[PDB]
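Consider the following structure, which contains rapamycin.
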Amino acid sequence: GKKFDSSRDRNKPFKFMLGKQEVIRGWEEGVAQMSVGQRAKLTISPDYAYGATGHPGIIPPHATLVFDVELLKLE
Amino acid sequence: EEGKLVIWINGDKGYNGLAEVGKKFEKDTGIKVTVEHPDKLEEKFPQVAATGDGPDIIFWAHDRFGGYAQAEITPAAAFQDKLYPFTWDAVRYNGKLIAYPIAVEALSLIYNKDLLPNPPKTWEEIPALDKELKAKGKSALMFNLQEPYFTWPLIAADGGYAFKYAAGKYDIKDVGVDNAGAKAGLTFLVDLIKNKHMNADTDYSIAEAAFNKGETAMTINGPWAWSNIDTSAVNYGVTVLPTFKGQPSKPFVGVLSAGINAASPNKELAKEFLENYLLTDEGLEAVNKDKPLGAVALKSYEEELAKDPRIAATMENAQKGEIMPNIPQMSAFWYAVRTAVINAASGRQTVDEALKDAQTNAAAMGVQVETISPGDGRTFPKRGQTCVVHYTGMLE
Ligand SMILES: CO[C@H]1C[C@@H]2CC[C@@H](C)[C@@](O)(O2)C(=O)C(=O)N2CCCC[C@H]2C(=O)O[C@H]([C@H](C)C[C@@H]2CC[C@@H](O)[C@H](OC)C2)CC(=O)[C@H](C)/C=C(\C)[C@@H](O)[C@@H](OC)C(=O)[C@H](C)C[C@H](C)/C=C/C=C/C=C/1C
């Protein structure tokens with residue numbers, strides 16, 4: 001397990017449109033389940049992440065991802 | 001999102017046959033129908049449907065449609081028993097019908113009649129058959145080994161299944177991949193590769209070229225591939241898949257189906273077109289003239305088409321086969337099975353060792369949401385809404 005990203009480092013929140021497939025399957029099904037203000041561990045399987053390709057140079061193939069997500073605001 | 005209805009159908013499906021049905025609808029009703037074939041419509045329809053703008057009607061495999069249901073309208077049918085009961089089951093999600101089934105698209109064994117007058121009825125024949133054909137200067141059998149859709153029919157032949165079905169439900173916890181039947185199936189496929197009867201690297205593209213060229217005696221494919229064998233001036237026929245250990249090869253079968261978008265206001269107009277124009281011996285024929293659908297859900301025209309050994313063979317492979325479940329966890333099945341097979345062929349893992357992995361990988365939830373801090377519990381994100389989050393991401 002190694003850290004590949006953090007918004008809290010950059011100190012700018014991250015905004016995505018739900019259902020537009022801007023993000024991985026695990027984030028669309030996953031954050032849709034969070035209430036506003038909730039913080040949760042998203043344990044995403046490779047199927048719902050980058051699967052057998054992975055993300056070139058950053059995430060290997062068949063990599064299960066863990067995300068610490070806090071849903072701050074809806075817009 | 002207009003007063004006329006727009007239809008989306010794949011480029012291999014013969015949209016011009018469908019167009020002539022739409023033009024007949026126009027002569028009778030006045031409504032203009034335009035049929036499109038977008039490059040990646042399967043992935044595109046969900047992105048646009050979430051905005052509330054997409055086509056009125058979409059034609060795909062029933063399997064993708066299960067995900068659309070978790071963005072698609074219930075159809076109301078009453079005296080629509082013109083279609084087979086098993087085709088209706090394909091388009092049913094939580095006891096609700098999602099679409100109108102059209103075609104049964106089962107894999108078959110296709111074979112060059114000039115290279116092989118009588119195809120082998122068993123898998124065990126093919127090694128011996130390949131030596132006889134290899135001496136002549138050609139192969140026995142080439143098909144996609146990369147995608148598990150094509151390898152599975154052999155694997156599940158002596159037992160073994162994606163997800164066990166009991167009490168009218170699928171059990172996402174009970175996977176049938178690390179059982180004996182699966183292992184026997186897979187090990188025979190690996191052995192064919194180990195004995196240079198098939199090559200791990202061969203894919204759909206590679207296999208298609210060889211059979212159309214006439215370098216290979218037999219391929220494995222659906223009726224989507226028929227128009228290209230037709231053009232290639234190769235005397236071919238379609239038969240039952242060879243049995244493994246006396247059991248038939250059981251391919252997963254996709255049904256071409258017609259769903260309606262919830263954001264289509266033309267639902268009443270769309271329903272009439274499907275019920276009373278498309279699902280008609282003449283309607284379906286107009287399509288089949290352009291590109292064959294194989295076996296069709298309508299009994300009327302299926303009783304006609306099954307006079308052709310191809311369409312009769314397609315239905316046979318569909319009966320001995322099982323219909324493809326539309327439940328979400330099938331994503332994680334196909335992923336688990338594709339990696340297991342590819343690595344068995346690679347010799348990375350043993351067969352017993354890859355299927356062990358597959359049994360775990362198939363049953364794993366796509367995403368698990370465990371709470372760290374609780375939320376308000378009322379407000380949930382809705383499709384077309386921007387989510388503002390902080391996140392930390394790391395590998396597990
Ligand atoms: C600097 O940091 C990068 C993101 C990094 C890349 C590497 C990964 C380890 C990671 O560190 O994010 C990461 O932690 C991760 O895995 N993420 C980010 C958080 C959401 C979940 C996941 C992800 O889906 O990233 C995404 C993943 C990597 C790729 C996508 C996966 C889903 C798939 O459907 C997409 O199809 C294309 C591709 C990247 C994103 O979240 C960004 C926002 C989205 C895209 C780039 C595409 O949707 C793009 O397609 C044209 C768009 O439509 C966007 C809106 C257009 C605008 C101008 C682009 C904004 C780009 C922002 C880029 C950012 C902040």
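A note on names: the letters A, B, ... follow the listed sequences, proteins ahead of strands, and every chain is numbered from 1. Counting starts at 1 for both ligands and their atoms, in listed order.
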Quick check: main partner chain of rapamycin, as named in UniProt?
Peptidyl-prolyl cis-trans isomerase FKBP1A
Chain letters with a heavy atom under 4.0 Å from rapamycin:
A, B
Hey, which organism does the entry list as the source of chain A?
Homo sapiens
Which UniProt domain in chain A is home to the majority of contacts with rapamycin?
PPIase FKBP-type
Taking heavy atoms under 4.0 Å, what residues and nucleotides bind rapamycin?
A:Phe4, A:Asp5, A:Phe14, A:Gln21, A:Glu22, A:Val23, A:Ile24, A:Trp27, A:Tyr50, A:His55, A:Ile58, A:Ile59, A:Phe67, B:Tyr391
